[PDB]
Visitor: 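Got a PDB entry here containing 8-chloroadenosine. Few questions.
Following the PDB entry, chain A shows residues 1-385, kept in their order. We read in the header that X-ray crystallography, 2.2 Å was used to get this structure. Values below: every heavy atom of this structure, side chains too, minus hydrogens, waters and symmetry copies. Whatever order the structure lists them in is the order used to number ligands and atoms, beginning at 1.
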Amino acid sequence: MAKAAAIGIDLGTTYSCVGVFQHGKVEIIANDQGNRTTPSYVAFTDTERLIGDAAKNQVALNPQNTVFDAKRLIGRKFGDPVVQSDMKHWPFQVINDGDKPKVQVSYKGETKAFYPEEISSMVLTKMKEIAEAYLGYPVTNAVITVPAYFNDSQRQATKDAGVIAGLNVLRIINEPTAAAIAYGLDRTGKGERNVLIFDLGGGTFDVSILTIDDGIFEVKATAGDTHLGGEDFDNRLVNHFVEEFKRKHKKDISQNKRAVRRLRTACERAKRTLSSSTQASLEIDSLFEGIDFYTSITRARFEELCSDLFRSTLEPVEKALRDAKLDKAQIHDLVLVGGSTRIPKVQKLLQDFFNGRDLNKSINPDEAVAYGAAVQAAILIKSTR
Ligand SMILES: Nc1ncnc2c1nc(Cl)n2[C@@H]1O[C@H](CO)[C@@H](O)[C@H]1O
């Protein structure tokens, strides 16, 4: 029953996803709002603790007490230059507890501080409750994914987040390995198979090269940009619409925090529409000083606005190929991961770089990692008996 059941969790920087392998198929489980992915956000309010969509929806009104990006801190020391650099950009407080970072917030009128693993355990608890509501019984066995470049300390702190959340962690697997499992790339029989995973998410970009020699996975190279993702494309749209508002009304909206946020969320939505239509419309009632902002943007203009960012994704691809000592024609499979890989220009650039090659993209790219983890969790729980 419950003891023979196992889930796969993609614990992401900005979004998390949970899957279950049953009756010969993977089911990516929808949360209580019907979304197949949940924001990795935890809000602390005057009355409650919010996790996911409800936490992300009130981020504007409560920025000091809304924690996100815990994955950027997990397993790291406070003195780490990555932690020191990131802290300058977060609206929440990060404190030092014996060279270990803690996030400090106000909760039910009291000052409370949490380790990154305690923050990640609240996200993991939500993913566990989403699976339990779908299954009708508690599931406790889980496979949790991490980036391929995570060291031993980051992997141990992720397993600890799993323990705090009440999960029996069957294994901590690499995100590009879960993605290759999702496509069944470890079941092509004998002979070394070279796979490139192109992972473009909300806030990070990762390129991984794996060799799969008879079921055995080996990471040959990792490359990328930890501060490149979908949110940079939203911000380029925001800047365009702020300048268009200035041309139409001779008014600068950039300082009005509410106007910029409403425009940002509308830009994110318009960006997603541009992945399946050649134009998208913005319909913002009373954006600034009672002025409605009813406009549109073509996919061509959007591609121009983000042109330099899209092209920059090819430098880590070349870098990973040189570190792996492989030429382009030596790569057997190209796998797309992350919601931003749905952008047609991104796909065209990667396909032209690999000389017109087909891309593995039939599995929802923001769900492929959870899909593979769910597959591995079923195999692992079956062997445990
Ligand atoms: N259809 C889409 N076209 C473009 N970007 C998309 C799309 N879907 C998602 Cl999710 N994203 C973005 O992926 C990230 C989450 O993985 C977010 O930045 C989201 O906007």
Visitor: What name does UniProt give to the macromolecule most in contact with 8-chloroadenosine?
Guide: Heat shock 70 kDa protein 1A
Visitor: Quick one: look up the protein heavy atom nearest atom 3 (N) of 8-chloroadenosine and list residue, atom name and how far away it is.
Guide: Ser275 OG, 2.7 Å
Visitor: What organism is named as the source of chain A in the metadata of the entry?
Guide: Homo sapiens
Visitor: Can an N or O of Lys271 be found at a distance shorter than 3.5 Å from an N or O of 8-chloroadenosine?
Guide: yes
Visitor: May I ask which of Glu268, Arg272, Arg36, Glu231 has a heavy atom nearer to atom 20 (O) of 8-chloroadenosine than the others do?
Guide: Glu268
Visitor: Which 8-chloroadenosine atoms, with their elements, are less than 4.0 angstrom from a heavy-atom of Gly230?
Guide: 18 (O)
Visitor: Going by heavy atoms, is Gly229 under 4.0 Å from 8-chloroadenosine?
Guide: no
Visitor: Name the closest protein heavy atom to atom 8 (N) of 8-chloroadenosine, giving the residue it belongs to and the distance to 0.1 Å.
Guide: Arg342 NH1, 3.0 Å
Visitor: Below the 3.5 angstrom mark, is there an N/O of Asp366, backbone or side chain, next to an N/O of 8-chloroadenosine?
Guide: no
Visitor: Among the UniProt-annotated ATP-binding residues of chain A, which have any heavy atom closer than 4.0 Å to 8-chloroadenosine?
Guide: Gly202, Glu268, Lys271, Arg272, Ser275, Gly339, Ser340, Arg342
Visitor: Do any N/O atoms on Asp234 end up under 3.5 angstrom from N/O atoms on 8-chloroadenosine?
Guide: no
Visitor: Identify, by atom number and element, the atoms of 8-chloroadenosine in contact range of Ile343, meaning under 4.0 Å from any of its heavy atoms.
Guide: 4 (C)
Visitor: Tell me the nearest of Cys267, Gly339, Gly202 to atom 17 (C) of 8-chloroadenosine, using heavy-atom distances.
Guide: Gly202
Visitor: Binding site of 8-chloroadenosine: which residues fall under 4.0 Å, heavy atoms only?
Guide: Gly202, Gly230, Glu268, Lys271, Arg272, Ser275, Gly339, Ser340, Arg342, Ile343, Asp366
Visitor: List, pair by pair, the atoms of 8-chloroadenosine and of the protein that are both N or O and lie under 3.5 Å apart, giving the separation rounded to 0.1 Å.
Guide:
residue: 8-chloroadenosine; atom: 3 (N); partner: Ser275; partner atom: OG; Å: 2.7
residue: 8-chloroadenosine; atom: 8 (N); partner: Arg342; partner atom: NH1; Å: 3.0
residue: 8-chloroadenosine; atom: 13 (O); partner: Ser340; partner atom: N; Å: 3.2
residue: 8-chloroadenosine; atom: 16 (O); partner: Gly339; partner atom: N; Å: 3.2
residue: 8-chloroadenosine; atom: 20 (O); partner: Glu268; partner atom: OE2; Å: 2.7
residue: 8-chloroadenosine; atom: 20 (O); partner: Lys271; partner atom: NZ; Å: 3.0

